Amino acid sequence: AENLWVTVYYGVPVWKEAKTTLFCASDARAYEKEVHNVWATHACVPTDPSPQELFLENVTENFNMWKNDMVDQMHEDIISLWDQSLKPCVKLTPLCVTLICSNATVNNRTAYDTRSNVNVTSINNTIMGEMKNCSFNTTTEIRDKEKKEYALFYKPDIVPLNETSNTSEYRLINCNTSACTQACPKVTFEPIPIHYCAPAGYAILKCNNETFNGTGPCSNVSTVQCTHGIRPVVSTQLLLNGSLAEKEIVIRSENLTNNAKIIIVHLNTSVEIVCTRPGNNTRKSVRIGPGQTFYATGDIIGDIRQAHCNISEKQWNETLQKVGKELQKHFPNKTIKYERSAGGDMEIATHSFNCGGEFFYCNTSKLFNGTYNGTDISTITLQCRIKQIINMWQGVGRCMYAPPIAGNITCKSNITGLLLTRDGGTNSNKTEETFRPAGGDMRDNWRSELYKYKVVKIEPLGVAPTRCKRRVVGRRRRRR
Amino acid sequence: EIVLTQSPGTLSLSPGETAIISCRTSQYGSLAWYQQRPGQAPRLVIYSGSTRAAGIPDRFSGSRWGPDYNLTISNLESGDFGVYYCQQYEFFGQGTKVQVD
Amino acid sequence: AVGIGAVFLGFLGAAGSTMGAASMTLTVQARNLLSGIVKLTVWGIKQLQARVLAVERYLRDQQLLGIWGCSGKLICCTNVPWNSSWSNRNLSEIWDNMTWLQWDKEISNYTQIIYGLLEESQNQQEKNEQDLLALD
Amino acid sequence: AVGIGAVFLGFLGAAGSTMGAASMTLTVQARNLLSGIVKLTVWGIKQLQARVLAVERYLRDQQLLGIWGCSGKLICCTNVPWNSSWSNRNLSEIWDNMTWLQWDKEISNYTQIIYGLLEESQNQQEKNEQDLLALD
Amino acid sequence: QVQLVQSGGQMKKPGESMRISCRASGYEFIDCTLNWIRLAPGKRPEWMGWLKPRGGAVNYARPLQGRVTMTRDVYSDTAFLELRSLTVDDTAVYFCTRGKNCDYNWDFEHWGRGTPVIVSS
Ligand SMILES: *[C@@H]1O[C@H](CO)[C@@H](O[C@@H]2O[C@H](CO)[C@@H](O[C@@H]3O[C@H](CO[C@H]4O[C@H](CO)[C@@H](O)[C@H](O)[C@@H]4O)[C@@H](O)[C@H](O[C@H]4O[C@H](CO)[C@@H](O)[C@H](O)[C@@H]4O)[C@@H]3O)[C@H](O)[C@H]2NC(C)=O)[C@H](O)[C@H]1NC(C)=O
Ligand SMILES: *[C@@H]1O[C@H](CO)[C@@H](O[C@@H]2O[C@H](CO)[C@@H](O[C@@H]3O[C@H](CO)[C@@H](O)[C@H](O)[C@@H]3O)[C@H](O)[C@H]2NC(C)=O)[C@H](O)[C@H]1NC(C)=O
Ligand SMILES: *[C@@H]1O[C@H](CO)[C@@H](O[C@@H]2O[C@H](CO)[C@@H](O[C@@H]3O[C@H](CO)[C@@H](O)[C@H](O)[C@@H]3O)[C@H](O)[C@H]2NC(C)=O)[C@H](O)[C@H]1NC(C)=O
Ligand SMILES: *[C@@H]1O[C@H](CO)[C@@H](O[C@@H]2O[C@H](CO)[C@@H](O[C@@H]3O[C@H](CO)[C@@H](O)[C@H](O)[C@@H]3O)[C@H](O)[C@H]2NC(C)=O)[C@H](O)[C@H]1NC(C)=O
Ligand SMILES: *[C@@H]1O[C@H](CO)[C@@H](O[C@@H]2O[C@H](CO)[C@@H](O)[C@H](O)[C@H]2NC(C)=O)[C@H](O)[C@H]1NC(C)=O
Ligand SMILES: *[C@@H]1O[C@H](CO)[C@@H](O)[C@H](O)[C@H]1NC(C)=O
Ligand SMILES: *[C@@H]1O[C@H](CO)[C@@H](O)[C@H](O)[C@H]1NC(C)=O
């Protein structure tokens with residue numbers, strides 16, 4: 001080696017695909033760090049999320065959306081946030097006294113859906129009729145006096161028939177397994193946008209060639225310090241308040257032939273949905289213990305019989321048509337036939353979401369009742385139901401009670417993606433066409449947004465041959 | 001479609017002799033083999049093509065490229081006779097019966 | 001394999017280009033490796049863990065540079081000759097074809113020898129210089 | 001008092017030998033000084049405390065070396081003469097008999113003078129070199 | 001550990017319904033996919049359906065989706081099955097089944113001991 005010597009280099013552009021804990025960057029700014037919680041005021045950092053994107057000349061990198069651990073990071077952070085935020089609040093254990101319940105009564109209100117006054121709850125069947133009026137003995141603050149309070153509960157929140165089939169006595173559903181906790185009113189928190197910023201020594205790469213199938217090389221790579229605004233919304237059978245693909249509709253699965261694997265459909269044009277609970281709910285406040293207050297719905301005043309969601313007919317129809325066309329491309333020479341929800345628990349057999357702190361459940365049979373590459377050849381109304389007692393995510397053991405919100409509540413959303421599954425055994429000539437809506441873990445929701453990103457650690461030290469021997473001689477070498 | 005098709009359905013094999021079974025596959029996907037002990041619950045043997053299941057001796061082996069797999073069981077003992085099934089994501093082949101002479 | 005550096009790129013924007021057209025972000029790469037980003041809750045533990053791990057990474061890298069006599073510089077010529085076992089590499093593509101992201105793969109499986117070689121050579125030079133100063 | 005250095009001993013294996021031989025293991029002790037080792041629970045505080053104290057000790061040592069003009073080297077010759085008050089130490093026993101573990105007990109009660117003398121001489125030399133450069 | 005218990009056999013009349021139970025143990029029942037396979041004698045084993053105990057999501061083989069209903073109970077670690085309307089052609093053994101990692105739907109585990117049922121007239 002008379003012409004050949006090593007050289008140390010530092011600050012060199014090299015990286016490897018490790019894993020690490022990412023920083024949480026807020027909207028800049030909506031956080032009052034302790035006064036109230038809007039998403040993560042106690043925990044997350046308010047700072048400038050400016051991505052400052054940089055394009056790279058000739059980089060080619062392999063992305064995988066299914067193995068993206070950032071969705072697991074989101075899962076853990078969300079669960080920790082909810083668990084630590086709900087911990088200080090009131091416990092519902094004293095409220096598990098025996099409840100005597102009866103059908104509700106209406107003091108001469110009026111019905112939207114017909115031009116006549118309310119006559120009977122059985123015919124005026126919405127809100128009123130599905131909601132029971134319950135009275136129960138409760139302890140006062142001094143522990144030696146008790147009083148007959150009353151509150152109105154939704155039928156899913158109470159359970160007869162373990163109190164024998166002739167008693168008209170009801171419990172709260174949670175007491176069979178666990179004890180709930182009320183949501184603190186000052187803590188009430190909503191889908192604030194969140195940004196993930198890499199820690200020092202790590203770089204977050206992003207792929208701009210949006211149309212890649214989800215597992216393969218990407219050439220239009222770019223580097224970003226903080227990811228774009230991801231909204232931590234959770235919903236089933238339909239993604240809402242999401243992004244939109246620049247190309248037409250996009251479909252994603254690690255193997256479409258693998259029928260059990262979920263199929264995420266990502267739209268390019270949003271379809272507007274409006275959901276409303278008319279009628280003015282009156283927030284009753286009843287005392288428990290020395291310094292705890294429990295909130296419940298008293299009488300509902302104003303016009304009552306509606307709990308609806310509305311979707312534009314032709315817009316949703318054409319959206320489903322384009323989904324059908326793309327799935328016909330992927331599944332050649334056969335129709336596409338959407339169908340009712342398969343079944344299962346109501347949290348996934350129905351479209352689920354929260355507006356203004358009130359959890360909604362909506363029958364979606366009106367929506368997927370389609371045929372060949374579209375619907376068969378004006379607004380579609382979804383009947384809905386409401387629960388107050390909530391199991392936090394799918395089937396986790398942490399229960400929660402949602403206090404009612406007074407007055408009429410209305411919300412709007414942009415539908416951006418769908419969650420589908422496929423029929424199984426065959427019967428080949430008459431099976432490939434069928435598709436249904438399906439539930440989804442929150443990983444499935446957050447994957448549609450953390451699709452783009454990957455995390456790599458910098459390896460800033462490298463070695464290479466150069467022309468120098470330390471203080472001694474030069475070099476003879478080669479060229480391209 | 002007709003994703004699986006095993007052959008030969010019927011096989012006569014003496015003890016200590018090598019067995020041979022074939023399973024076609026008309027679509028891309030995983031493949032495997034199951035051992036139905038007669039009058040008992042079947043059990044996994046080979047999966048993901050050639051990789052053996054847990055606790056299976058080295059008599060059981062096979063391989064494929066694309067639309068044709070060959071299974072071979074060298075020197076089959078008396079206890080391992082029965083019926084063998086081919087599976088791919090949901091389907092089952094019609095099965096192949098091996099009896100001891 | 002070398003060229004006149006710059007800092008206005010902000011971050012890792014090259015990348016991609018060959019080593020002779022990529023070993024120029026050394027100032028900014030060194031800068032961003034450590035600087036930034038910056039009722040009871042525990043994510044202070046997470047933040048402190050990230051900060052401490054980054055600091056320890058930087059300190060280990062700087063120590064490894066210091067042992068080889070390279071601390072205080074980004075570029076650093078050294079005395080260790082090219083290995084007796086290699087004498088083969090594709091230098092025509094080192095100078096103007098391979099980017100760093102590619103070249104880093106070819107030096108793998110052999111890097112562990114180079115650190116020991118550098119350390120031994122530096123310590124030999126250290127004692128030699130001490131003896132030279134002690135000569136008179 | 002000096003020897004051709006080594007790193008293959010892994011850790012503190014010498015020790016014991018005289019200063020003229022124990023002064024070869026500088027690299028490995030320098031390396032291992034900082035590197036490694038790496039539902040609600042608090043021992044994350046313990047781990048962070050240990051890591052932070054280790055890093056702080058290393059930074060203090062490196063700063064003290066830097067003030068004396070020695071940062072970037074393990075061996076470091078300086079200019080401060082042997083103290084006017086000492087002129088007596090047992091150097092025949094320094095070179096080949098006393099190990100570092102023994103010699104460290106004898107330089108005690110006097111090290112604080114050296115940690116001032118070194119920085120005094122270094123600052124004098126610094127301003128002298130600055131003046132020499134300014135002379136042109 | 002994996003263990004798939006099942007109920008005993010029984011005899012049914014045409015047009016009547018049957019129920020079957022299968023109980024889990026030794027693992028997390030909520031997170032792990034569960035399956036069911038019919039196994040009739042002397043012909044193709046047939047697929048029947050899937051079950052995801054976390055959300056209770058299900059999916060059915062097309063020729064049976066007009067009859068099958070598949071449910072579970074998390075607090076008892078028990079899966080359940082039913083045929084809403086039987087026929088003599090349904091005579092077969094029923095095998096509740098997992099996957100060993102069960103990040104992959106296919107099975108790839110027990111195959112518990114099974115349960116035979118016959119429809120006769
Ligand atoms: C998907 O994206 C849509 C937007 O595209 C979101 O829509 C918002 O939904 C939130 C609830 O989730 C709405 O928030 C509520 O708005 C009420 C009306 O606000 C107007 O009127 C008040 C005065 O009455 C003005 O001050 C205000 O500036 C608006 O002009 C508020 O009255 C409500 O107040 C309650 O909540 C706040 C915050 O917690 C409390 O501080 C208050 O004391 C009070 O309790 C509430 O803020 C919002 O209006 C909706 N925006 C639009 C444009 O419709 C969806 O929420 C989002 N997610 C989903 C699942 O759809
Ligand atoms: C969602 O879509 C439904 C159906 O299109 C809407 O229902 C409509 O609601 C209005 C009141 O908000 C009803 O108006 C009343 O109509 C009667 C005649 O039927 C009239 O006598 C009354 O004076 C009053 O105008 C309307 O009838 C009703 N339509 C139907 C078909 O029942 C609903 O308003 C939409 N929005 C929401 C938030 O639900
Ligand atoms: C969403 O709403 C639709 C319409 O209200 C519900 O459809 C109804 O579902 C019930 C229960 O599955 C069906 O009952 C069955 O009816 C048949 C006769 O058709 C009877 O033989 C059965 O014994 C059983 O009683 C009902 O027919 C069906 N009606 C319609 C018009 O679809 C649907 O169940 C709702 N889904 C959810 C998830 O809320
Ligand atoms: C796939 O299905 C679509 C329809 O779902 C077929 O294309 C044509 O689409 C237009 C726009 O949606 C249809 O007109 C619309 O019909 C709806 C009723 O579904 C109506 O509410 C709107 O006001 C508008 O009239 C049009 O009828 C439909 N053409 C036919 C022959 O149905 C498309 O042809 C299908 N794909 C293939 C390969 O045939
Ligand atoms: C729900 O039930 C409560 C208790 O029965 C009702 O409250 C009482 O209503 C009667 C008239 O129906 C009044 O005379 C009482 O003064 C009310 N209070 C109490 C403490 O008894 C309440 O009206 C019912 N609400 C509905 C919507 O039916
Ligand atoms: C409502 O109005 C009708 C007709 O005026 C009357 O008969 C009835 O008593 C009123 N109150 C209730 C609770 O129905
Ligand atoms: C479902 O679509 C068919 C199309 O032929 C229609 O006849 C039927 O009334 C629809 N049912 C519902 C509940 O939308």
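The sequence lines fix the lettering, A, B, ..., with proteins before strands; numbering per chain opens at 1. This depiction is restricted to one part of the PDB entry, and every contact reported falls within that part. Side chains are part of it too, since the values below use all heavy atoms of this structure and drop only hydrogens, waters and symmetry mates. So how was this one determined? The header says electron microscopy, 4.0 Å.
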Looking at chains B and E, what drug do we find there?
VRC01
Name in the PDB entry of chain in most contact with VRC01 (chains B and E):
CH848.0526.25 gp120
Which chain letters have at least one heavy atom nearer than 4.5 Å to any atom of VRC01 (chains B and E)?
A
Counting non-hydrogen atom pairs under 4.5 Å, which chain of VRC01 (chains B and E) scores highest against chain A?
chain E
Any idea what organism the entry names for chain A?
Hiv-1 06tg.ht008
PDB name for chain E
VRC01 variable heavy chain
